[PDB]
S.K.: 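Below is one structure. I have some questions about it.
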Amino acid sequence: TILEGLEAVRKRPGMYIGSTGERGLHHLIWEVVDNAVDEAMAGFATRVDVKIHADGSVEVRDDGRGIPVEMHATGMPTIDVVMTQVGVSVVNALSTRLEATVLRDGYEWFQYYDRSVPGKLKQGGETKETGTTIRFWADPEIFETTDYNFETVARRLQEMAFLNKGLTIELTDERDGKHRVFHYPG
Amino acid sequence: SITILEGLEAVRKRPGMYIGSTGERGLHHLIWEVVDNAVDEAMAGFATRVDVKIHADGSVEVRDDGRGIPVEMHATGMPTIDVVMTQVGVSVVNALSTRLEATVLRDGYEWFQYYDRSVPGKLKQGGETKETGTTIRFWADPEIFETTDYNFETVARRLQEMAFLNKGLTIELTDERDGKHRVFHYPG
Ligand SMILES: CO[C@@H]1[C@@H](OC(N)=O)[C@@H](O)[C@H](Oc2ccc3c(O)c(NC(=O)c4ccc(O)c(CC=C(C)C)c4)c(=O)oc3c2C)OC1(C)C
Ligand code: NA
Ligand code: NA
Ligand code: NA
Ligand code: NA
Ligand code: NA
């Protein structure tokens with residue numbers, strides 16, 4: 001049933017991200033970034049870092065509270081409930097791979113998803129830091145393009161910074177070295 | 001299999017036999033081993049660039065554009081990359097790390113592997129690419145080392161020396177803890 005839900009996304013992605021061209025591809029970034037910016041609005045995060053990797057993956061890191069990793073009532077870690085059932089599960093469904101690294105509850109935690117199928121959540125080292133890193137690889141079977149446009153992403157992140165005064169958003173493109181930092185005082 | 005585990009446990013039992021000591025000098029030996037493997041690939045004529053990143057979580061990432069660690073099934077019934085990470089020089093880094101991740105571009109694909117206290121995960125085949133190279137990210141074990149705090153200046157001075165001794169190689173160093181950076185490239 002959880003698998004059927006994610007397969008429904010792959011069958012009709014337009015129902016979830018509007019379309020499967022360049023605008024649909026960029027929706028994967030908007031979803032993950034919106035989740036990070038939500039932590040800034042909530043008063044926990046101060047910075048969101050976005051990287052476009054040369055392998056076509058995108059990495060989004062925040063210093064918010066960290067996606068909860070404790071066991072959920074449904075019998076999987078809460079992070080796995082999130083990545084299989086809520087908004088960002090669409091990103092998992094339409095990615096060949098998603099990795100999550102969370103700083104929370106005194107530890108670094110590692111999870112991966114292989115075509116949306118969770119690995120086993122691993123507890124890493126001790127840390128007082130909190131936050132979330134998500135890295136995802138858009139599925140080229142789904143999208144008409146896997147080419148992210150730096151200028152499109154930069155203009156969106158600059159507007160997000162303008163609506164969320166005091167938030168810093170950094171964007172790095174590892175394909176060609178482009179780098180921008182956006183922030184408005186607040 | 002018993003022998004492979006015995007070998008890694010021998011390293012944890014007496015790390016001084018393999019990296020000299022378990023203070024700061026010993027800690028920095030983990031970076032030298034991984035970087036040495038990348039620089040050797042470059043100067044054997046297969047790579048042009050080595051990128052070293054000290055992450056805010058205390059992990060170190062070393063990336064090269066060399067041939068990539070071989071990933072094909074080995075005669076022993078595990079992938080060659082798992083033989084490498086459990087048996088050769090870099091297996092000392094794996095043994096003295098709580099975690100090691102390898103991302104290899106080779107044989108037409110991006111490949112993902114992890115090691116939890118040197119125990120391999122299942123090697124995963126990712127997307128298609130002609131590109132080749134190796135990325136290793138490792139988390140030094142604080143139960144082994146007296147300190148896990150790498151020194152930017154120590155790393156920079158050693159990488160500068162490596163670039164000087166290997167003319168034509170680019171070595172880039174970034175430290176996400178405090179934003180420090182260097183790029184070394186001696187023409188040759
Ligand atoms: C993709 O996850 C997103 C988050 O994205 C990021 N990047 O943080 C963020 O947008 C937002 O994050 C929330 C949203 C609400 C709470 C929240 O209400 C918390 N309060 C708790 O006491 C708490 C503790 C454990 C727990 O399982 C839950 C409910 C489960 C949630 C929020 C998934 C809540 C908390 O600690 O963290 C929260 C966090 C991190 O919602 C998620 C989890 C869907
Ligand atoms: Na949507
Ligand atoms: Na959403
Ligand atoms: Na935080
Ligand atoms: Na990883
Ligand atoms: Na290469």
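Labels below follow one simple rule: chain letters A, B, ... track the order of the sequence lines, proteins then strands, and each chain is numbered from 1. When a ligand or atom number is given, it counts from 1 through the structure's own listing order.
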S.K.: novobiocin, vincristine, telithromycin, atazanavir, gedatolisib: which of these is at ligand 1?
M.R.: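 Of novobiocin, vincristine, telithromycin, atazanavir, gedatolisib, it's novobiocin.
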S.K.: Which chain is the chief contact partner of novobiocin (ligand 1) here, under the naming of the PDB entry?
M.R.: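 Largest number of contacts: DNA gyrase subunit B.
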S.K.: Name every other chain with any non-hydrogen atom less than 4.0 Å from novobiocin (ligand 1).
M.R.: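 Those reaching under 4.0 Å with a heavy atom: A.
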S.K.: Any idea which residues from other chains are within 4.0 Å of novobiocin (ligand 1), non-hydrogen atoms only?
M.R.: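 Using heavy atoms under 4.0 Å, it comprises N35(A), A36(A), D38(A), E39(A), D62(A), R65(A), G66(A), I67(A), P68(A), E70(A), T78(A), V82(A), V88(A), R104(A), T132(A).
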S.K.: Tell me the source organism the PDB entry gives for chain A.
M.R.: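 For chain A, the PDB records Mycolicibacterium smegmatis.
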S.K.: Just to confirm my output: which protein heavy-atom neighbour is closest to atom 10 (O) of novobiocin (ligand 1), and how far is it?
M.R.: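 Going atom by atom, the protein heavy atom closest to atom 10 (O) of novobiocin (ligand 1) ends up being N35(A) O, 2.6 Å.
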S.K.: Run the numbers for me: atoms of novobiocin (ligand 1), each under 4.0 Å from some heavy atom of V82(A), listed by number.
M.R.: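 Counting from 1, the qualifying ligand atoms are 1 (C), 2 (O), 33 (C).
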S.K.: Show me which atoms of novobiocin (ligand 1) lie under 4.0 Å from any heavy atom of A36(A).
M.R.: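 Selected atoms, number and element: 7 (N).
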S.K.: Which heavy atom of the protein is the closest neighbour of atom 30 (C) of novobiocin (ligand 1), given with residue, atom name and distance?
M.R.: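 Its nearest protein heavy-atom neighbour is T78(A) CG2, 3.9 Å.
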S.K.: May I ask whether atom 42 (C) of novobiocin (ligand 1) is less than 4.0 Å from at least one protein heavy atom?
M.R.: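 Under the 4.0 Å cut-off, atom 42 (C) of novobiocin (ligand 1) has no protein heavy-atom neighbours at all.
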S.K.: Quick test: of every protein heavy atom, which one is nearest to atom 18 (O) of novobiocin (ligand 1), and how far off is it to 0.1 Å?
M.R.: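 Checking every protein heavy atom, the shortest distance to atom 18 (O) of novobiocin (ligand 1) gives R65(A) NH1, 4.3 Å.
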S.K.: To the nearest 0.1 Å, how far is atom 40 (C) of novobiocin (ligand 1) from its closest protein heavy atom, and which atom is that?
M.R.: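 Scanning the protein heavy atoms, the shortest distance from atom 40 (C) of novobiocin (ligand 1) goes to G66(A) O, 3.4 Å.
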S.K.: Can you name the atoms of novobiocin (ligand 1), numbered from 1 with element, that are less than 4.0 Å from a heavy atom of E70(A)?
M.R.: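 Under 4.0 Å from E70(A), novobiocin (ligand 1) has these atoms: 25 (C), 26 (C), 27 (O).
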